[PDB]
> 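Structure of amprolium bound to Thiamine transporter 2 - open in front of me now.
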Amino acid sequence: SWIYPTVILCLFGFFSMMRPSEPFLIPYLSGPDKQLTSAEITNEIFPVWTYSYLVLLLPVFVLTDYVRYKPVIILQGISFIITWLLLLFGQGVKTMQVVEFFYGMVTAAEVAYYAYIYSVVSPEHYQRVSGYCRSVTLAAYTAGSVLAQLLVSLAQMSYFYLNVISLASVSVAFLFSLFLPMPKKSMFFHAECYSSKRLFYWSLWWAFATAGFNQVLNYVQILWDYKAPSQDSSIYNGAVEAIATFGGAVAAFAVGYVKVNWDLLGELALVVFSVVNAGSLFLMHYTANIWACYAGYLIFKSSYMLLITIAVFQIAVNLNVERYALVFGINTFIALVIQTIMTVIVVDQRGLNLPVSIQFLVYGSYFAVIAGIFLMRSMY
Amino acid sequence: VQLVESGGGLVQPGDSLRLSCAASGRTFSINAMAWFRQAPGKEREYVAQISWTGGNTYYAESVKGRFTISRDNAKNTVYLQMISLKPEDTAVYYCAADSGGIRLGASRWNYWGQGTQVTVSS
Ligand SMILES: CCCc1ncc(C[n+]2ccccc2C)c(N)n1
C-alpha cells in the first residue's frame, strides 16, 4: 500500500534532480551565449540566491503545512520550469537576478519534498522509505553530471543543449508532481528542547559547517574557470562533480556502518575532519595547476559530507519525527542568517566585494576558525 | 539608444588612436558598452567592456594591456584608447550597448552601432 506514494514521489525526485546543466553553468553563462564578466557573476547575480533563500524559508516552511506538502511540491515543480526557462532565453544581468530568486523557491521548497512522506505513509515504514527518497536523489544528480561530461566530450554538444535537456527533465518531474496522493493529515496545523547539552552543541556545528558548505558549493565554479578559462582548455566540470558527489555518498554510507560510540570520539573526530576541510580549502586557492584544484574539491565535499552525517546522527537520537521538522527547520534557518551575513560582507557588491581569487582564502580561514573554537574550548 | 561611432582612420603600426561612441536618446538605462571588432572575411570579436553604474572593465586576452576603455557619463560617450597597432589589427569597430531591464532575446547586447574602419598597413 506504501508502494504507490513512493513510486511517484521517488519518480518525481529522480527526474527533478537529474539536471545535466548544473555543472556546466558558469562556463555556460560566461560564454558566447550570455556573455557575463566574472565580476558580474560572483558579486551581483550569485549573491541574490542566498538573499532569496533566507527570505523564503520561514514563509514556505509554514505554508507547506497550512496547505498539504504536495501543493508546495507542485509549487517547487513550477518554479523549476520558470527558473530554467529564463536561464534559456533570459539575458542580461538584471534578469539573472530574478532567475536566482526563483531558484530560491526551487530549493527553499525542498523541505516540503522530504517531509511529505511522513504524512501519507504508515509510521513503521518511515526510516526505510526515507532512504529510498534520499538515495534516489543522489543517484539522479550523479547520473546527471556524468551525462553532462560524457556528452560535451564525445558528442560536441554546445552548452545550450544541456539546459534544454535540463528543462525537459524538470518539465517531466512536474508532470508526476500532480499524481501523489493529497495527504490527509499535516504535522502542526491539521494533525526548550535545546536545553540538552548535546543538542545545542551538536546543532551549532551543523549550522556553522553547512553555512560554509552552501557558500563554497556556490562560489566554487568560478574558481575553476579562473584557474583555467573555459575558452582556452577543456574543463572536466561534470566528471569532477559526479566523482565528488559519489565521493560524498560513499562517505555518508560508511559513517552509517562503522559502529563507534560518537560521544568520546565525536568532538575529536569532528575537529580532525574540520581541519581536513580547512586544509583542503587552502589548496584550492594556492595552486596554479588546475588538476590539483579538483582534488581539493574531491576531498572537501567527501570530507565535509562525512561530518554532516555525524552531526545528523547525534542530533536525532531522542527526537521523534514530529520534532524533526522544528529542529532541522531552525538549523536550516539559523545556518542561513550565518551565510547571508557572510555573503553581505565577503562577496556582495555592497560589502568588501572580494573577487574569487582572494575569496577562498577567507573560507579556508573560516573552517579553520571553527576548529580553534571547537578544540580549545576543551580547556582545564 | 542611437549609438554613433567616429574617430577611425588609417595609420602605420605603432600609432595610437582614440574612438568614441556618443550614445544618446535613451541614456537613462545603459548598463554596459562593449566594443566589438570584425576583421575582413572574419566574425565579430570581443574587444572590451565597461559597466555604466560602476567602472569595472574586462578586455579580451589578446588585446589586453594596450586597449583601455573609459566611460564619460556627463556626455554619455565611451572612449576606447588603443596603442601599438599591428599589421593584423585591421578591422572595423562596432559599439554594443546593453539598455537594461528584464529581456528575452538572442544576444545580451541590445543596440549596436554602424561601423568605423581602421586600416594598419604600409
Ligand atoms: C542556474 C540557476 C541559478 C543557480 N543555480 C545554481 C546555483 C548555485 N549552485 C548550486 C548547486 C550547484 C551548482 C551551483 C552553481 C545558483 N547560485 N544559482
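In what follows, every chain begins at residue 1, and chains take the letters A, B, ... in the order their sequences are listed. Hydrogens, waters and symmetry mates play no part in the numbers below; they use all other heavy atoms, side chains included. Ligands are counted one by one from 1 in listed order, and the atoms in each one are counted from 1 as well.
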> Please list the parts of the model that make up amprolium.
ligand 1
> Mind listing the other chains that have a non-hydrogen atom under 4.0 Å from amprolium (ligand 1)?
A
> Which species does the entry list for chain A?
Homo sapiens
> Which transmembrane segments of chain A, per UniProt and counted N-terminal first, have at least one heavy atom under 4.0 Å from amprolium (ligand 1)?
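Counting from the N terminus as UniProt does, heavy atoms reach that close in 2, 3, 4, 7.
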